[PDB]
*Asks:* 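After the structure tokens below, expect a handful of questions from me.
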Amino acid sequence: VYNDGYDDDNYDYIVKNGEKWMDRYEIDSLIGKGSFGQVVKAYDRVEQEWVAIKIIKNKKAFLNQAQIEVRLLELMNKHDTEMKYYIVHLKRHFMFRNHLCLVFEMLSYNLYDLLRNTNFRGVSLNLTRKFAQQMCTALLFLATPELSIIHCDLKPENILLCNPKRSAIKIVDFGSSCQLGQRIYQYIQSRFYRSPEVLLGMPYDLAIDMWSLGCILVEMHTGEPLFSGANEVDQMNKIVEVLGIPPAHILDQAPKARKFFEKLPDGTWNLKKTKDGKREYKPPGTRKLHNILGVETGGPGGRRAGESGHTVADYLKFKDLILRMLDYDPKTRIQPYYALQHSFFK
Ligand SMILES: O=C(O)c1ccc2c(c1)nc(Nc1cccc(Cl)c1)c1ccncc12
């Protein structure tokens, strides 16, 4: 009784291995499920190639959002820049049995899958560098004036390997993305990678992606997330643990500022008083990124100690660029063009 027997009770098209669609697509198997719906592996009998079909849920709310996602992907293809090689390519889309389907290029595993293969010990600084450089290029593509696309959900699971034996990557899942101004949501990023301006309920631009990328690169080398917030309040505190109290000029304009801080008569800002009055966090700015990365002590947990490619100078450059991506001020946060000119990329 769900789409004449084609959908389950959760608005998802029941994937039948071996089904042939529109005499063109030979569906192989289901790759995985997400909030939007499902992604399946399929062969295009026409192009004689493998593709990944993103099947949106048969529900108005999910359809209306995937329409924005399509227009954003089509607008990206209208700009034949080399930089969109770090964005996944949408080949075509169609409606099949009341489902909007997006035909993407076939890719490999996501960066979180990669971290799991290292037992979350992390990948090398050289690999992290290559991930960083491709990602800043992708962020610079979206920063193009005619585009001005905020991704809004950058996270390791949204960065895919083109091939499991190489370092090339592509950003996927633009389902939460918007163009500047046309921002429609206030609760947009994944907690672990949520920018302080979003946490504080302030206006946001394309810089929120840069913040997420900074959190991604640190996790890609250490293997564990930089800010493991169990909720919005725990998230904002774990950031303060590393970067200190947000500057007074940002907190003076944050609608949600009193969710995490209180203004002392001094004219200064400080964390709220936990009800229990107990210690759950380190004092602000006392959990140093210097020691998180193991700059002078052999890398994250001393794992890279005595190994090529992880010199003290290499970490000093890495820590500097990361601290520029983790700038509280979205207007001073390093932007993709100048991030690419950072000495960390030599
Ligand atoms: O959203 C996109 O733009 C998007 C675009 C391409 C892929 C994708 C998502 N997700 C994939 N895999 C995947 C893995 C787990 C769960 C889900 Cl739902 C999907 C995948 C695999 C291979 N090649 C391309 C893709």
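Quick note: numbers on chain A are straight from the PDB entry, i.e. 135-480, in order. The figures here come from the full heavy-atom set of this structure, side chains too, leaving out hydrogens, waters and symmetry mates. Ligands are counted one by one from 1 in listed order, and the atoms in each one are counted from 1 as well.
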*Asks:* Could you check which drug is at ligand 1 for me?
*Replies:*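 PDB records name it silmitasertib.
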*Asks:* What is the name, according to the PDB entry, of the chain making the most contacts with silmitasertib (ligand 1)?
*Replies:*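 Chief contact partner: Dual specificity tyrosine-phosphorylation-regulated kinase 1A.
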*Asks:* Name the UniProt active-site residue of chain A nearest to silmitasertib (ligand 1) and give the heavy-atom distance to 1 Å.
*Replies:*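 In chain A, the nearest UniProt active-site residue by heavy atoms is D287, 9 Å.
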*Asks:* Quick check: which UniProt domain of chain A holds most residues touching silmitasertib (ligand 1)?
*Replies:*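 Chiefly UniProt domain Protein kinase.
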*Asks:* Which UniProt ATP-binding residues in chain A pass a heavy-atom distance cut-off of 4.0 Å to silmitasertib (ligand 1)?
*Replies:*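 Going by UniProt and heavy atoms, it's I165, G166, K167, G168, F170, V173, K188, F238, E239, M240, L241.
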*Asks:* Name the residues that contact silmitasertib (ligand 1) at heavy-atom distances below 4.0 Å.
*Replies:*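 By heavy-atom distance, those would be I165, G166, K167, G168, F170, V173, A186, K188, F238, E239, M240, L241, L294, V306, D307.
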